[PDB]
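Consider the following structure, which contains gemcitabine.
A, B, ... follow the sequence lines: proteins, then strands. Residue 1 opens every chain. All ligand and atom numbering here is 1-based and tracks the order in the structure. Below, each value reflects all heavy atoms present in this structure, side chains not excepted, and no hydrogens, waters or symmetry copies.
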Amino acid sequence: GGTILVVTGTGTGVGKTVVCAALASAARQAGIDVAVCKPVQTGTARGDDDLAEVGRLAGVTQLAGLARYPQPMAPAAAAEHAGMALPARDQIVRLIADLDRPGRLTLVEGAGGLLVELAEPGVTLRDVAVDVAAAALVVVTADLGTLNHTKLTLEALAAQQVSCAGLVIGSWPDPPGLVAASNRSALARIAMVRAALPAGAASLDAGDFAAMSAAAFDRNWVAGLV
Amino acid sequence: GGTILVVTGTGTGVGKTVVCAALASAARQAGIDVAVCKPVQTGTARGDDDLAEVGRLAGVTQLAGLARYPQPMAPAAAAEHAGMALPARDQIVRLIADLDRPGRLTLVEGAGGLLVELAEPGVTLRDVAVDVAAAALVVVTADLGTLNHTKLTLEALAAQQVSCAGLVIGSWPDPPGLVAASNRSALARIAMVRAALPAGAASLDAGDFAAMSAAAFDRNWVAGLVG
Ligand SMILES: Nc1ccn([C@@H]2O[C@H](CO)[C@@H](O)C2(F)F)c(=O)n1
Ligand SMILES: Nc1ccn([C@@H]2O[C@H](CO)[C@@H](O)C2(F)F)c(=O)n1
């Protein structure tokens with residue numbers, strides 16, 4: 001097969017979708033074939049559609065999902081309020097495994113964080129990563145609390161030997177500010193910061209977004225992913 | 001010794017300090033000798049002082065600090081910004097051991113999450129809790145993101161065999177919305193929810209705060225904290 005990365009956020013409203021779009025855009029510009037998988041979408045009631053955002057921002061067409069829930073909640077809580085169960089473990093693992101192919105970067109975007117239930121019974125994004133032998137790309141803030149959340153996530157990854165492919169600051173403020181400036185340095189000490197995406201990037205059109213994305217990541221790391 | 005609890009938060013501004021004051025007040029009202037300890041205080045140049053707020057809200061006078069840093073950052077960055085060192089491990093540990101004594105509840109409030117560096121080198125609040133055989137009370141929100149943050153915290157606690165004393169929802173809205181109610185239900189399935197403190201508790205006066213605190217916790221749990 002090719003390369004499967006899970007993309008997981010240390011919190012909500014952290015830029016995980018725009019990070020998926022930006023890495024997909026950068027990988028496409030390096031001539032890599034890209035698929036993005038959002039097995040469970042939540043928050044549809046307020047208009048959430050992460051696959052469509054990835055489509056609009058990065059031009060990916062291989063966009064696969066299994067379930068969509070109205071409530072802005074973690075999947076198990078959204079499925080419980082909907083009265084309809086989450087997808088099965090086999091459904092999620094097989095979709096990703098069938099998406100995966102040589103020459104392709106497949107991004108699996110989580111919902112609700114690394115350790116919450118994503119598929120029944122009690123299977124998490126971490127479990128999925130083990131099952132498909134994906135490394136995990138961790139999307140973080142530069143704001144107070146990030147260091148704890150990041151160290152915690154990295155421990156959780158190590159605890160099941162899921163490789164960490166690095167950090168992405170999903171939104172970098174302008175001007176940085178005192179805390180954000182210190183955290184960017186501190187985060188670089190515990191893991192590789194692959195990019196810091198400028199605040200406001202989700203509002204860009206496709207050409208500007210691809211411009212931002214090509215410059216946001218190390219070109220050699222992107223090309224080395226596959 | 002007595003009972004030592006480290007009080008830690010799943011994130012920033014989840015209500016760690018109000019929970020410390022609320023538990024201190026309920027315990028005092030059950031006749032328990034209470035001390036509150038904040039070994040690392042950051043943000044003092046902005047007026048942050050969690051010990052002072054605890055005394056204000058709950059009337060506790062047995063308050064113990066140690067390190068104070070001006071900038072409102074994580075302890076390691078706040079120390080560096082001021083050209084200062086973090087405390088040593090035994091400086092935090094001795095501070096707690098000196099407070100600890102039979103019949104006493106000693107609450108140790110963290111600074112910026114369970115795994116943030118508290119003492120040099122690389123000593124965290126989890127390491128301190130191991131050294132003093134304290135359990136951890138985990139302060140959380142009812143907002144989206146809490147379930148992951150809480151499960152990460154519990155897993156890190158269990159990785160070093162630090163007992164979880166339960167959860168406290170530091171700010172609970174009135175009325176609770178759908179998301180808040182669903183999250184509290186899910187939180188109670190992963191651990192004991194000891195309390196959910198009403199929003200705006202910091203603006204209560206001494207008498208209202210004490211009454212909130214006595215109603216917020218299970219009487220039998222608070223009384224059983226110290227033998
Ligand atoms: N670099 C970034 C990161 C995030 N965002 C936007 O912030 C909201 C919260 O994640 C996202 O929903 C958002 F995507 F709209 C952004 O505009 N640019
Ligand atoms: N139950 C609660 C919880 C929190 N607060 C106030 O919110 C800020 C961050 O929790 C605290 O600083 C605050 F204390 F001001 C509150 O008033 N009542």
Next item on the list: Identify the macromolecule bound to gemcitabine (ligand 1) in this structure with the most contacts, using its name in UniProt.
Entry: Dethiobiotin synthetase BioD
Next item on the list: Return the chain letters whose heavy atoms come under 4.0 Å from gemcitabine (ligand 1), other chains only.
Entry: A
Check: Which residues count as the binding site of gemcitabine (ligand 1) under a heavy-atom cut-off of 4.0 Å?
Finding: A:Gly13, A:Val14, A:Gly15, A:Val18, A:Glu53, A:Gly170, A:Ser171, A:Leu197, A:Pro198, A:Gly200, A:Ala201, A:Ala202
Item checked: Where gemcitabine (ligand 1) meets A:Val14 - atom numbers and elements under 4.0 angstrom, heavy-atom basis -> 10 (O)
Next item on the list: Among all protein heavy atoms, pick the one closest to atom 18 (N) of gemcitabine (ligand 1) and tell me residue, atom and distance.
Entry: A:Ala201 N, 3.0 Å
Check: Relative to gemcitabine (ligand 1), which UniProt active-site residue of chain A is closest, and at what minimum heavy-atom distance to the nearest 1 Å?
Finding: A:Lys38, 11 Å
Next item on the list: Check each atom of gemcitabine (ligand 1) against the heavy atoms of A:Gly13 and keep those under 4.0 Å away; list them by number with element.
Entry: 9 (C), 10 (O)
Note to self: Any nitrogen or oxygen of A:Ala199 lying under 3.5 Å from a nitrogen or oxygen in gemcitabine (ligand 1)? Just yes or no.
What the structure shows: no
Check: Do any nitrogen or oxygen atoms of A:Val18 lie less than 3.5 angstrom from nitrogen or oxygen atoms of gemcitabine (ligand 1)?
Finding: no
Check: What is the closest protein heavy atom to atom 13 (C) of gemcitabine (ligand 1), and at what distance does it sit?
Finding: A:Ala202 CB, 3.8 Å
